[PDB]
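Below is one structure; the comments refer to it alone.
The sequence lines are taken in order and lettered A, B, and onward as chains. Note that chain A carries the PDB entry numbering, so the residues on display, from first to last, are 2-329. By the PDB entry numbering, chain B shows 2-329, in order. Whatever order the structure lists ligands and atoms in, that order sets their numbers, starting from 1. Heavy atoms only: backbone and side chains are in, while hydrogens, waters and symmetry mates are out.
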Number of protein chains: 2
Amino acid sequence: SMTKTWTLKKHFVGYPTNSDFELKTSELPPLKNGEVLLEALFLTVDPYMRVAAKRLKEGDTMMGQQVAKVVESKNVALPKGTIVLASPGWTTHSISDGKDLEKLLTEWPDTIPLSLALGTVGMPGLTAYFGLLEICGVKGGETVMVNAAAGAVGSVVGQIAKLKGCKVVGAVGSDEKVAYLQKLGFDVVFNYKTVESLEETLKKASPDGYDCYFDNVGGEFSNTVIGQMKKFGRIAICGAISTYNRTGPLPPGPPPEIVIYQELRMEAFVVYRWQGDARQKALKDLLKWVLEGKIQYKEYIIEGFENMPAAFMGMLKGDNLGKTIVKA
Amino acid sequence: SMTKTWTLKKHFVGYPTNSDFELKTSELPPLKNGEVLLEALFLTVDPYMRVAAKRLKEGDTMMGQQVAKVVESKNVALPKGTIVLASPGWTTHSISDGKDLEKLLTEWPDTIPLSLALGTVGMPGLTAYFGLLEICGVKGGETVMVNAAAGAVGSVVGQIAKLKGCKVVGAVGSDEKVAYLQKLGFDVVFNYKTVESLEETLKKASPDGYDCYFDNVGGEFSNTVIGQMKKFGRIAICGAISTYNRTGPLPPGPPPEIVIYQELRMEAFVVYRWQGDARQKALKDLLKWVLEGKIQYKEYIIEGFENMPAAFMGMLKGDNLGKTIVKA
Ligand SMILES: CN(Cc1cnc2nc(N)nc(N)c2n1)c1ccc(C(=O)N[C@@H](CCC(=O)O)C(=O)O)cc1
Ligand SMILES: CN(Cc1cnc2nc(N)nc(N)c2n1)c1ccc(C(=O)N[C@@H](CCC(=O)O)C(=O)O)cc1
Ligand SMILES: [Cl-]
Ligand SMILES: [Cl-]
């Protein structure tokens, strides 16, 4: 059984380039007992891979999740044709013993793409759900600031915020994303790349300030938002994508006098903190809200495993509208 | 009657200097009904004044709290001789209508100096109390890092943590402060100015990391501590004294990837958040611990109201062992 694999050939400096990756064709051993052979159907690329790749050694497989089908099975719990979520990395075929696999929701309907299991009704959507509902702790009526608002996490954060009864101000990197989020129902959406003054734009978007900040971006942008947080404002620190592809020193930290005077609470989190009953409940909620039309989705599907590095680089640079997914 | 007052002659640039302050003598009017004339007994100087002074206009009185005696009274709740806490700023005498005054605890004993009402058994001690017990939420058996650990706040934090069963690692700016806290029994104390490597020093002090960080200092020092926090570690942001006198940009912030991976919770606070029963209970706990010897105190008492700017500047430089107090 053959497989293709994208490995890290050279550690990224700034943004990745194509020569930092190397495609390798490898032979897989026959299935041992209890194992299954998985064929990737859809693979995801996500911002955290830029950071996690710094702990790889050159020659290692790029990390990542995929929706796959069992093509050969020596495990009766996972017969041939079963669809699963698996994280073997950027590889077309992989062998698993079944412990590290997740079946899709039992009521997953024919009407929603399986690829949403890597997005809105998968790990990005769960990140939004717990970051907003538990870390920010929205009760309804808050003004929420969300950046990278057209990504899979941010778009879910903003739409959950709307259905919980919040005002949502979203920052995105292109005019195409501005129009998209306005159609989704965000109260204010703006292109942070072209606005004359981020501080002025945020003050006009909410003269009263912000109760909650769902922060995917970090850096100088968050320093500006911090200066417009209300007293006891809550910040959920989900990512710092503005720093992942940085070439020099990190930007200044936030102004402590404002942080202290406003008694801000800032908590970072990773989606894996939540498991079991909480996590199954959240996936069911996300699926229900999608079916009810309260959460709309959009995917940027790139065809061909050979284009995974390019999909990752375009995703990191904000070139793609919707969740970037690679179709095998 | 007459009063002397220290005013802000010019906004501070960097550390305050002598030329930034101006002493003025003024005439107070007669007492209207319900008012009292107050004579300062002890005045405090504190780091927050470096920050709050930025909001003053030139010519304004410097802000701050004092222990005062009622020397003349037209208010039956405050007879002559009553000792109160009041915040008229840096002034020897003032008129108040009673609604902005605080009587000392009813049970205040003759064995502890009245000046402690501005320190260990006053706002600095309360800051330590709530910051540690409610913001860090220590339970017993944790490892706590506290900086400015020989200050009025830090020394209470470390000693409360000790009586709750925690390992305490303290950072201070002089060998005299190191020796004093080591005698008090803090598990590890070091002079952050002289260590060969702050990272190595913190590693040896707690190989497994820090559960709680009580932060008075901020800046680059806190970046190093954040890198050694345990998962779900809790930071109480009380002050950032290392930044208050800065003349240029703030240092970089912590590596965002470490904050996220360790899922840290960082919350800033000011003691005034707690009022009523919560504050009274805390003050009585602090008094009880002092009487029982579980909290030792130290004061640096400067004689003469004319020396208040010098006391303020010495305190900001860390030149004094013990809470800095001015005896009128
Ligand atoms: C699976 N997962 C949780 C998560 C978070 N941090 C990690 N960090 C590491 N080191 N390793 C992990 N496996 C990991 N996993 C995810 C996956 C995607 C996104 C995410 O932010 N995706 C983008 C994708 C954007 C796009 O496709 O354009 C988004 O904004 O939705 C977050 C968490
Ligand atoms: C009264 N109080 C609460 C507090 C805190 N921040 C404020 N900030 C502002 N702007 N305004 C206030 N009134 C204010 N009050 C205090 C007072 C002192 C310390 C403090 O940290 N004192 C020094 C004293 C050290 C010394 O005297 O040598 C220390 O670090 O221990 C903290 C809070
Ligand atoms: Cl963007
Ligand atoms: Cl110090």
**OP:** Tell me which macromolecule has the most close contacts with ligand 1, using the naming in UniProt.
**Re:** Prostaglandin reductase 1
Subject >> Drug or drug candidate at ligand 1 >> reply: methotrexate
**OP:** Give the letters of all other chains with a heavy atom closer than 4.0 Å to methotrexate (ligand 1).
**Re:** A
Original post:
Can you tell me if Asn321(A) has a non-hydrogen atom under 4.0 Å from methotrexate (ligand 1)?
Top reply: no
Original post:
Side chain, backbone, both or neither: which part of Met316(A) has a heavy atom under 4.0 Å from methotrexate (ligand 1)?
Top reply: side chain
**OP:** Write out the residue and atom name of the closest protein heavy atom to atom 19 (C) of methotrexate (ligand 1), then the distance separating them to 0.1 Å.
**Re:** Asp47(A) OD1, 4.0 Å
Original post:
If you measure from atom 15 (N) of methotrexate (ligand 1) to every heavy atom of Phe270(A), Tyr49(A), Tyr273(A), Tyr262(B), which option wins on shortest distance?
Top reply: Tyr273(A)
Original post:
Per UniProt, some residues of chain A bind NADP(+); which of these have a heavy atom under 4.0 Å from methotrexate (ligand 1)?
Top reply: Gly152(A), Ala153(A), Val154(A), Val272(A)
**OP:** Mind checking whether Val154(A) contacts methotrexate (ligand 1) via backbone (N, CA, C, O), side chain (CB onward), both or neither, at a 4.0 Å heavy-atom cut-off?
**Re:** both
Subject >> Residues near methotrexate (ligand 1), heavy-atom distance under 4.0 Å >> reply: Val46(A), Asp47(A), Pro48(A), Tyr49(A), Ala53(A), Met124(A), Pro125(A), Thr128(A), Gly152(A), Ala153(A), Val154(A), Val272(A), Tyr273(A), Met316(A), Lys324(A), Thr325(A)
